[PDB]
Amino acid sequence: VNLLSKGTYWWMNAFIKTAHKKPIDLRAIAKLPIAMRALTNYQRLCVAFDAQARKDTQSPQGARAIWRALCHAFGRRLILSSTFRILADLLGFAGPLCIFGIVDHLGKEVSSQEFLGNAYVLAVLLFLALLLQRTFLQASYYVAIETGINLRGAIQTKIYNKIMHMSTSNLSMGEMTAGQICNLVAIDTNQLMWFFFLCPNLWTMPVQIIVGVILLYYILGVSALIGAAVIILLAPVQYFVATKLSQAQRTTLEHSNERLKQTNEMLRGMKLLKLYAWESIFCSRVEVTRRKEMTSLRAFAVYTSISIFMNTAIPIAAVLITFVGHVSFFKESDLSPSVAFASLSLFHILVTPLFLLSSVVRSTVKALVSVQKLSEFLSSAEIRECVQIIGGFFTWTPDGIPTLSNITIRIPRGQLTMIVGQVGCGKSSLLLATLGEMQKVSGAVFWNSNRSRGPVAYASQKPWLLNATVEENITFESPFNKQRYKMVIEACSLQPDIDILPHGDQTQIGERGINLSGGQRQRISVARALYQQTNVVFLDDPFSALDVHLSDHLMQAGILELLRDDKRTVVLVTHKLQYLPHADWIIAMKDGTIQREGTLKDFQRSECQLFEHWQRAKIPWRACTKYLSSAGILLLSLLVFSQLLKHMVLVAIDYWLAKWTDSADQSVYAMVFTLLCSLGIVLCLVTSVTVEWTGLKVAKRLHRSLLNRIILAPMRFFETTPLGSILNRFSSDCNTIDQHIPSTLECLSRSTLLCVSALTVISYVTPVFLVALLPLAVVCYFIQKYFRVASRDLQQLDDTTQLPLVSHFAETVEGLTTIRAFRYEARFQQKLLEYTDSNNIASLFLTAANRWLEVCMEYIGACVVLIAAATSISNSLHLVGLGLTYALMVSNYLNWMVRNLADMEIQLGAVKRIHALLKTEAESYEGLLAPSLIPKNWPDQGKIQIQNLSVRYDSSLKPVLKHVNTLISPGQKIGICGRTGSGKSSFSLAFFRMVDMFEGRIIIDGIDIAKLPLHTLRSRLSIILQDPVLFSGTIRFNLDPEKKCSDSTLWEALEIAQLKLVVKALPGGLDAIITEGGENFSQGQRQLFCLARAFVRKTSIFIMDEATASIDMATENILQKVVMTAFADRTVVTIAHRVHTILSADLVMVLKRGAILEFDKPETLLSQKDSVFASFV
Amino acid sequence: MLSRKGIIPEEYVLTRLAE
Ligand SMILES: CCOc1cc(CC(=O)N[C@@H](CC(C)C)c2ccccc2N2CCCCC2)ccc1C(=O)O
Ligand SMILES: Nc1ncnc2c1ncn2[C@@H]1O[C@H](COP(=O)(O)OP(=O)(O)OP(=O)(O)O)[C@@H](O)[C@H]1O
């Protein structure tokens, strides 16, 4: 693209006309040139640090050294955006000067001095100088962005290139986690990018003040010195409000972050909460957090109703100070219209820099902080500079104190080696040091297999799963060969995981997705090492982490056959010593040092063996549903009328300003300008407050409705709709309709209403401007239409690109040692350079579409400058300066009307998402009985009779149960189990009225269970699900939040199950804070909670579900506790997954394929009778 | 900047996977 078209961005016009017909994929906005690559700018930045580190005798990359490196690498493009910025501003100054000339040669009637003695000629050299203000400004806007975006590119790389060299010690990685370094990439790097977006402004704005002082002084005098003083002495109090805002905004963010964790506990555990009638309790727990978040957002709203106010009010008071002082104090050269209507444009220019100068110096401070943060990061610990270890002294402390010394390990090729020892014997540490991740104080680790290192498979003890498909987490960027994959899937039993998944092999696994079971997470990680065909496999306790027992057998039987056939050496540390003297050339270490090394028989001969023997639609419906529904007329009409009346005062302040300059009735000129500008200032306050106030009153009554109509939803909705869908619209859309909409609402409602106002001023000054504006408005309409359609697409394509980049900066940090273990640095390196260049190429075209709008809209506005000038002069020879000082603003109103309109449109779409949630409601609470007199004090008879109940979920073709009849009498503790995919889970949940028994009758305790309120039913019948999680809170509160029974009862209930020793000897006791997920009590504690809920509710019935995978001793203890629970209750209808605990029953119903297969009234005849014994064996 | 999409951004926000 040449200089004729690069300055107007003509190449966008073929990109925005296609973006209207089709949408924009990444294949549409695809190519990214050589100069704007992440790699190229990274090569430039390496050259900068190399040439510095050649030049600098003083070594390290301190904050001084980074800024010298950035300057030497990016100076030649920053000077071209500050030179163009100084010229765009200085040519901008000519615009006020021309207004002065036009009005002087209007009214009361060498050749070049007379050439600029005109008003026809002076408009043309005004018009053909604004085309240079408005093209140089954009050229320097874009060069700043293009250079700024490049720093995003070559700092995210140069951050990531140290993530490839960071040491995973308990010092370094223990201090800074992935959350610290992710907000370096996310939060910090953006505010260093944004410093180079604003880097010319701190150079240019001091020129603007100096010339702004000088030209205003030449136009009006020493009174201009008094006037421009009042702005520059209200710029630091613009800073104080902008400081106190960001102080309060951090508070609001760190407060609603704690809310979102509470909301995550409610949405993730809505299943167990709804069954235990505990949705209302957690609802009122998040609402009080919303009360405290609302008083924090109120302080945000107070300190942002001043920022708008200070921006508008401070210049107007400054202008009135200038003129009234130039009238009251001394009027020598009074306000002739050439002077006054020209120095309004000089202030209307210097409105903008001085109150944006506060927020530049803000973003210079943040840049100083950011290179402090980045240099303190970028001086972290480097890593370093078959396996045979000779001396083997190696530490995690970077000076002294080896955690493993005297390590003389020998592992020649063609091998299979187990490593066993005590929990804490330097065993996991030996493998990571062997891989080359710990500092060899003495010795060496040598190598020659199939200086010079080797790619080695690795399984971490804490398993790591990248956010991808489970197949893709298994394949791990390796060529898919479905025969190797098939063997892996069966061996680790990935078939039940795929079937239980919503998607199977396509399921989003790991983090940010399905938070799988810890054994299931371990099975995924274990399989990747086997699949990868790496030349050596190091497994760090897969068998000690192996949850599935037969698969643990099968793992070893697959790992033997895989190691022997591949002849891939395998070092498998574990302290499960089942295979340990058989055929492993074992290497046992103790207390950090190797204790014995040799063959297995040698360890039989060393007497430690005995120890082993032991898409184009605007949304006016959502905007109407936002304002008129939530806010109410009592402040919707006040906001809509104060906007118009503030915006009729701004023409009335200007219309009377014109009609005084003609006279240049003097104290009446003063007493209406003071009494218009003061009420103009007053209306500024009461529109800036009323906008932000309406935002708070709509944010509250949206979120309160959203919570209290999603805690009124069936659980079938929670299984049908994903919990990421509800939580995203919950969390992110509430942030937009609180923190982002009302400021945009006030800014758009100020700008576009002023835009019509400015085009009203022009059309009455030249009252045949209607002919002039009708063709030009149409072009303004079309650029509006093709910009919204375009820059919505590139907006979400910006935002949905940033998230896979920062998720890569999480997944690199957490599973770091895997990537360095496979010697796999350069293949997660290149995934960054695709992720980086997918973000910059969707941010460059976002800004190039932004600049295309501004170049095109300003040229529309510059046509308004020449036409308003030309038609008004030819009228006024037959209020012209005031009309002409508005035409300059119109070029910079049409921009921001369109810019806010697109942004408001994008933000408005976050209200339609919330109203789509507010139309999803079911699962009524009605009791069609005598609702307090027909139920007695407690239904706890235990007589749960089923009469042909036909129940289902799919509601269309698929029932689960049919024709079922079962009448467990009071005390008939009838543990009913049937076919494993048929109906068992459905049976337990449906009993709590949570599934559609489409016929029949299911009576419980003499009352129909379909004709009771859900709150009454669910409270009065306890349960215990398969393997639930814990709500974070106080221990009595977690056990029973709305208890009101007794504290002694809570102790008796907690002791009666288990863990009373750990409950009493906890550091908290009865108010012990559950540490965010139940990582310190038990799985038994859920049964304890169920026992406490059962006893406190004073019921007899209980429906109890299965148990997933735990200590069977604890499960027999649970079964004995269930017997103890029986020896209080004596009635329980308890399903079970493994039938061997269910063989101690009092009646048994066996269900096959989704029907009743057997109903054995004793449980011992079941062993005699063939169908039931076949399920028993 | 009469319109406010200004350079005072809170950069960090968390959004889970769509659908
Ligand atoms: C991604 C950032 O992209 C930009 C980057 C720039 C460079 C720049 O000085 N920016 C800040 C100024 C600061 C002090 C608030 C700004 C940001 C948003 C809107 C307008 C402005 N002001 C520009 C200076 C004059 C008045 C208004 C311009 C425009 C853009 C843009 O594409 O919108
Ligand atoms: N980065 C590190 N910095 C300092 N100490 C570490 C680090 N990583 C691990 N350790 C310590 O060294 C030990 C290494 O493993 P350990 O000696 O426990 O063998 P293990 O019992 O088989 O491993 P684990 O107990 O973790 O399964 C851990 O107990 C841990 O306390």
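Every chain is numbered from 1 and lettered A, B, ... according to where its sequence line falls, protein lines coming before strand lines. When a ligand or atom number is given, it counts from 1 through the structure's own listing order. How was it done? The header gives electron microscopy, 3.7 Å.
- At ligand 1, the PDB records name the drug as repaglinide.
- The chain in largest contact with repaglinide bears the name, in the PDB entry, of ATP-binding cassette sub-family C member 8.
- Using a 4.0 Å cut-off on heavy atoms, the other chains next to repaglinide are A, B.
- Of the residues of chain A in contact with repaglinide, the majority fall within UniProt domain ABC transmembrane type-1 1.
- Formally, the PDB entry designates chain B as ATP-sensitive inward rectifier potassium channel 11.
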